[PDB]
Q: 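Class III chitinase chia1, bound to acetazolamide - let me ask you about this one.
By the numbers in the PDB entry, the shown part of chain A spans 28-337. Both counts, for ligands and for their atoms, begin at 1 and track the order of listing. Recorded method is X-ray crystallography, 2.0 Å.
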Amino acid sequence: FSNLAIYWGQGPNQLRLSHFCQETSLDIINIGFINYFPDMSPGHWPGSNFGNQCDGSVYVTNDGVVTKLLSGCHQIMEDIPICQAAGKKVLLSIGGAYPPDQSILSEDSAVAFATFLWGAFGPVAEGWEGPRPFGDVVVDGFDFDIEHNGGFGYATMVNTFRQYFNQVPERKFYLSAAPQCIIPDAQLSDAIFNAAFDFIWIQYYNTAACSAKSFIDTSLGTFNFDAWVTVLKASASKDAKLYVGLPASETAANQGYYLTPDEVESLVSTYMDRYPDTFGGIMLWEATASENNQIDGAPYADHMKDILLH
Ligand SMILES: CC(=O)Nc1nnc(S(N)(=O)=O)s1
């Protein structure tokens, strides 16, 4: 079967992560966001935000400098294991919408960024004397939701993560990317060409030229999933599965990009049929919008899984 991914962490008044860990239909949950990068953040540690989650406390560096990395995410720490017990993959997402001034400035800081995240969030290692924001929890991988400021250093980060993954062959870890629909994508086409992602979720909303809506109304633009299949072929991500990223309600993205379940089926059955090896499934922005959009007594994400399984 194909997979259903969804982001969580940035939903206004979102329910805690375990609620979605309890939702059968979800296969992958991207937790957003590591939103502050080491080159420009306080203390030069990565920083995090998970909306209404965590108690507000932050770590400080060895020299007393206040960071933006949250240290009291009790609920998330408790909930991730529930997701993984139910068979789900939990990916920690890097970037997100806010703030808009974060980037990577050198290959060195790229390596060091991924090293830091691997130590903080990957396997517990005796040689690590740094922060463990989710304690003994080990995430299943990293998602690159780079929304601003170009594509420097993300390839190096992915390559560094892979190297670290390969030193733990008894466990599988995953790398993913969320480019927008226009090729080249200013943030992620470089990483996609130069480094290997397992999953790539194209955000099929907010860009008129190629949106999922233009599949339904072809006067709007041209849905370009075919082009994304072609562009993988020269890339180091040539074996990536491609997912159709969609808004989970009317108000989750810009006006006019939401599709009804029936509209999604028409798109998905066409493309699932056309690319049975490359089509990975659906990505949803995002969990709260899905949960609040109840259709026939079930949230949007459940109807998305129906379409993928039917
Ligand atoms: C993966 C993903 O979609 N990330 C997003 N970040 N901001 C979005 S928004 N508010 O412009 O619709 S979507």
Q: Identify the binding-site residues of acetazolamide using a heavy-atom cut-off of 4.0 Å.
A: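 Within 4.0 Å (heavy atoms), the residues are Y34, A124, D172, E174, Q230, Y232, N233, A279, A280, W312.
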Q: Is there at least one pair of N or O atoms, one from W312 and one from acetazolamide, spaced under 3.5 Å apart?
A: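 In fact, backbone or side chain, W312 has no N or O that close.
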Q: Looking at this entry, which organism is chain A from?
A: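 According to the deposit, it's Aspergillus fumigatus.
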Q: Among all protein heavy atoms in this structure, tell me which lies nearest to atom 2 (C) of acetazolamide, with the distance rounded to 0.1 Å.
A: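 Result for atom 2 (C) of acetazolamide: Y232 OH, 3.3 Å.
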Q: Give the atoms of acetazolamide, by number and element, whose distance to some non-hydrogen atom of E174 is under 4.0 Å.
A: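 Contacts of acetazolamide toward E174, numbered from 1: 2 (C), 4 (N), 5 (C), 6 (N), 7 (N).
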Q: Need the acetazolamide atom indices (1-based, order shown) with element for anything under 4.0 Å from a heavy-atom of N233.
A: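 It comes down to these atoms of acetazolamide: 9 (S), 11 (O), 12 (O).
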Q: Should you measure from each heavy atom of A124, which atoms of acetazolamide turn up under 4.0 Å away?
A: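 With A124 as reference, the close atoms of acetazolamide come out as 7 (N).
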Q: By number and element, which atoms of acetazolamide are closer than 4.0 Å to a non-hydrogen atom of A280?
A: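 Matching atoms, with element in brackets: 12 (O).
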Q: What atoms in acetazolamide come closer than 4.0 Å to a heavy atom of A279?
A: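 By the 4.0 Å cutoff, the relevant atoms are 12 (O).
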